[PDB]
Every structure is written in structure tokens, then in C-alpha cells.
Amino acid sequence: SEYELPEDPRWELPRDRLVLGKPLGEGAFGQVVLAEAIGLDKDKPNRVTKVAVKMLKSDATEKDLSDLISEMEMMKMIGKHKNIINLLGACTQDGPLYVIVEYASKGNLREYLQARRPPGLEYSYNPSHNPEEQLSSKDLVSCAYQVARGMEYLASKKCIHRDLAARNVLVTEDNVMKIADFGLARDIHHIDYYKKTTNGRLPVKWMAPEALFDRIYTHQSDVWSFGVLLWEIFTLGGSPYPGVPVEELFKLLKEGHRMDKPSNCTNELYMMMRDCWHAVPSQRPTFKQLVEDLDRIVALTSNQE
Ligand SMILES: CCN1CCN(c2ccc(Nc3cc(N(C)C(=O)Nc4c(Cl)c(OC)cc(OC)c4Cl)ncn3)cc2)CC1
């Protein structure tokens, strides 16, 4: 239980200043909740901010604490960007480790897009019982731009996400896109391809071929994944490679088969997808060029549609 937790007075927040609310989600030997932090900014001690706090579960082992510290310390090294989930504070003293980060009210991007789906031929059915206002064409390109910006920053800081999907992007109340779970430590063991997360997702579909076969992870493998993410944006939370099992995906990609253009998508944007989906990693575009291009398309894309 003790354990030597590093104290960092700049990130340190007192526990009586944090009021723990409802759970946000459940991870590996750790759980996230909503909370209200009183006086997050020290020259404004009387203000409350909604935050997300990560804490270990009952079944958590020594390995899990080291991971949690690693994740926290990793966010310190990467620093702040608006388009990623940022470290706010932590409680290392007088109790269990709490890691306080930015809160995105509107949930993950996959559920955000699926709830904003218009009825029609171009998109699938809206799963949400309380559907929201539909998104414009500019909003969607803008969404892609933000994710790229955030990924561009993580790239400059030498962070490789290695799982990048609409699920791993979160949306705030201000409808700012923020990359989530970027600071994870890579497992030393081999991964089970058929294995699903707590949500029932297969990550293999976002993996570049080199990562899928030879388990090689680069910034370029994230670009491939960003192609899959782009596809998800313009399918409004569509499932990649529908009705394709793992075994069928291995062969499909080797033969050079790629996903079909989404019903509502421009050729320029589908070319961007195909560029990220390029077999040879060196021939894929960089996030730097993806930001430069998307910045241009957003201005050109009308907000009326
Ligand atoms: C319809 C059913 N839904 C209801 C909405 N729900 C939901 C999902 C996500 C959110 N928003 C969130 C979620 C999170 N989560 C889950 C979260 O884990 N945040 C977090 C992140 Cl992203 C980190 O990145 C490195 C690091 C962290 O601690 C080190 C944490 Cl704590 N952090 C901030 N906002 C809010 C609600 C998901 C289930």
C-alpha cells in the first residue's frame, strides 16, 4: 500500500478540494470518475471545475500502480495541447493515487457522431434514444483537423498512440476534440488479435499492416489509424470493415484491398484516406502535412452543408 508516491508540489492538490462524483468508465485495474475540483487554479481558490479522476480498482496489483504513475509522468513530459486530454492535478498524499485530467462532457467521438446522425441513405441508423443536432460538412472536416493537430503535437513530443480511433477521441462541452489514452505504456507480451476491450471492440482494424503482422509501431502506423479515423468521421461512427473477421483482414490488406469511400464524402477526403492507407509506411503523409491540408479544406468547405 506504501509505496513511495512521488510528490510534485506543482501538480499536488489536497483531497478536501476534490469532490468525487459518478463513475465515467472502467479500464484495466483502474476506474475513472467525474469530480469537482475546488480551486484548481491557485489564484482562483473559490471556483469549481468538473474533472476526471483516475484511481486503481480493488483488484489492482503492484504492476498497476507503476503503470498509473508512468501514465501521469508521461503526461507531464508531453505537456499541454488543447486537442488532447490534459493533466490537471494529482493527489499523491494521504491516500490512494488520484490522477486529475480534463473532462469531456460530450463523451467519445464515436458515440458523439452516431447520436448526431441524420435519417437517410448516406448514413446508418441513429442508435441514440436522445439524438442531437446534425453536424455540417465543415464541422466534420473541422473535427478531423483537430484530431490531426493533437496527433501532430503528440508526434512532435515523440508519443506513439498505437491505438487511435473515434473511441479514443473525446469531445468537450465546447465541442473541442481531444485525444485520449495517448500516454499508455506498451505491453511487453504478445497481443491477442481476436481479443475485445471492455466495449467489445477489435483494435486490429485500426492497425497498419506492419503493426498487424510484424508488430512494428511508428508515427506512420498512427497515420494509417488516422485514415481509419477519417473514415469513421464521414461514416458518422461507422464500423470499419463490416462483417470481416481477423483472418479475412490479414489477407485482404496484403492483397491491397481498402475500405470503400463512404456515401457522403468528397474525393479529396477519400484520397486523404487512401494516402494514409498506403502499403509502404514511408509513402504515407505526415500529421504535419495532414494538418496543412485539412486547414485548407476546412476553409474551402461550406458551413451550410
Ligand atoms: C451512453 C453511455 N455513455 C454515457 C457517456 N459516457 C461518457 C464517456 C466519456 C466521458 N468523458 C470523459 C471520459 C474520460 N475518461 C473516461 C478517461 O479515462 N479520461 C482520462 C484520459 Cl482520456 C487520460 O488520457 C491519458 C488519462 C486519464 O487519467 C490518467 C483519464 Cl482519467 N475523461 C474525460 N472525459 C463522459 C461520459 C460513456 C458511456
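The residue numbers of chain A are those assigned by the PDB entry, with the residues present covering 461-765 sequentially. Both ligands and their constituent atoms are indexed starting at 1 by order of listing. Values below: every heavy atom of this structure, side chains too, minus hydrogens, waters and symmetry copies.
The compound at ligand 1 is the drug or drug candidate BGJ398.
In this structure the chain with most contacts to BGJ398 is the one UniProt names Fibroblast growth factor receptor 1.
The entry attributes the origin of chain A to Homo sapiens. Per UniProt, the active-site residue of chain A found nearest to BGJ398 (heavy-atom distance, rounded to 1 Å) is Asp623, 10 Å. The bulk of residues of chain A touching BGJ398 reside in UniProt domain Protein kinase.
Neighbouring residues of BGJ398 under 4.0 Å (non-hydrogen atoms) are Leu484, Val492, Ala512, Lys514, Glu531, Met535, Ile545, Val559, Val561, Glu562, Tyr563, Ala564, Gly567, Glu571, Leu630, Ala640, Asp641.
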